[PDB]
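What follows is a short report on a single structure.
Chain A uses the PDB entry numbers throughout; the residues present, in order, are 672-845, 852-918. Ligands are counted one by one from 1 in listed order, and the atoms in each one are counted from 1 as well. Computation of the quantities below employed the complete heavy-atom set of this structure, encompassing side-chain atoms and omitting hydrogens, waters and symmetry-equivalent molecules. Determined by X-ray crystallography, 2.2 Å, according to the entry header.
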Amino acid sequence: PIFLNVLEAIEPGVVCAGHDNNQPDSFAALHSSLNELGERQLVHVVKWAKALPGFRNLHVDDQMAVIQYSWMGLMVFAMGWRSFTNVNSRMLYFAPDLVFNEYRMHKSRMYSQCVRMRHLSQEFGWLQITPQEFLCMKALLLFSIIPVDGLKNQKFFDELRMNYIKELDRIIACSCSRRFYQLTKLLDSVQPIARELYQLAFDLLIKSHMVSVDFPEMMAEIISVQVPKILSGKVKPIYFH
Ligand SMILES: C[C@]12CCC(=O)C[C@@H]1CC[C@@H]1[C@@H]2CC[C@]2(C)[C@@H](O)CC[C@@H]12
């Protein structure tokens, strides 16, 4: 069971937001802690992706491109898993120190996005997603969004992604047809959610820049340099259906 040994071995542990839960829930304080949490999780996503079977086959620039396009889908998918297992999804478990209740969903001004994220979370229960299935699905998310113009070595990407699909099929097989349909439909459903949060993240970065409040450095760079390629359609998700 080589492949699964690796995914479970490299899975990131707890990541705290740094949030001061004793100060009031303002828009500013909630988003400052969300953004800091993003910066911190980005570190772990980079280290996780580089340790994935086959990932270093990819040209070095494609390695960074793929991380820099898929991070939102990956982080939302993982957050949904955390929510499912820790508060069974009527709250959002961004981090142990940053759990969103309904009030925080409203004061962050992202209630409707949180409602979709909460729906994604609950699907882990509706579909009875196993830990092995979650891990394989999350790895596939890294290979599920690319420039329409292709990567520097697209061929290696296409083969690696093929191999991760084969692994997803393996864990299922180890009816199977309905299960693969269900899981590929779930995967496809992550991307519209990611896109909404990408739009949100971009809009807030412009607005906070207007009033001279800075995002953490990597978040500011990815949201100003890479996210707009997604919002403008130069980078697109790869769907199953
Ligand atoms: C990825 C994060 C942080 C990590 C996580 O668990 C999911 C969550 C999804 C919303 C993102 C947030 C990082 C900061 C963002 C991008 C804010 O700018 C607006 C939307 C937030």
Largest contact partner of ligand 1 in terms of the PDB entry: Androgen receptor
Recorded drug, ligand 1: dihydrotestosterone
Binding-site residues: dihydrotestosterone, 4.0 Å heavy-atom cut-off: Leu705, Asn706, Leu708, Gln712, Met743, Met746, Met750, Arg753, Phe765, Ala878, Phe892, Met896
Heavy-atom nearest neighbour in the protein, as seen from atom 11 (C) of dihydrotestosterone, with distance rounded to 0.1 Å: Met743 SD, 4.4 Å
UniProt domain, chain A, most residues near dihydrotestosterone: NR LBD
Which residue and heavy atom of the protein sit nearest atom 12 (C) of dihydrotestosterone, plus the separation: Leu705 O, 4.2 Å
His702 N/O to dihydrotestosterone N/O under 3.5 Å: no
Within-cut-off N or O pair, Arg753 and dihydrotestosterone, under 3.5 Å: yes
Residue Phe892 vicinity, atoms of dihydrotestosterone by number, heavy atom under 4.0 Å: 18 (O)
Is_contact(atom 8 (C) of dihydrotestosterone), protein non-hydrogen, under 4.0 Å: yes
Numbering as shown, the atoms of dihydrotestosterone that approach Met896 to under 4.0 Å (heavy-atom distance): 13 (C), 14 (C), 16 (C)
Entry-listed organism of chain A: Homo sapiens
Test item: protein heavy atom less than 4.0 Å from atom 5 (C) of dihydrotestosterone: yes
For dihydrotestosterone, output the ligand-protein N/O contacts shorter than 3.5 angstrom; if there are none, return none.
residue: dihydrotestosterone; atom: 6 (O); partner: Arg753; partner atom: NH2; Å: 2.9
residue: dihydrotestosterone; atom: 18 (O); partner: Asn706; partner atom: OD1; Å: 2.7

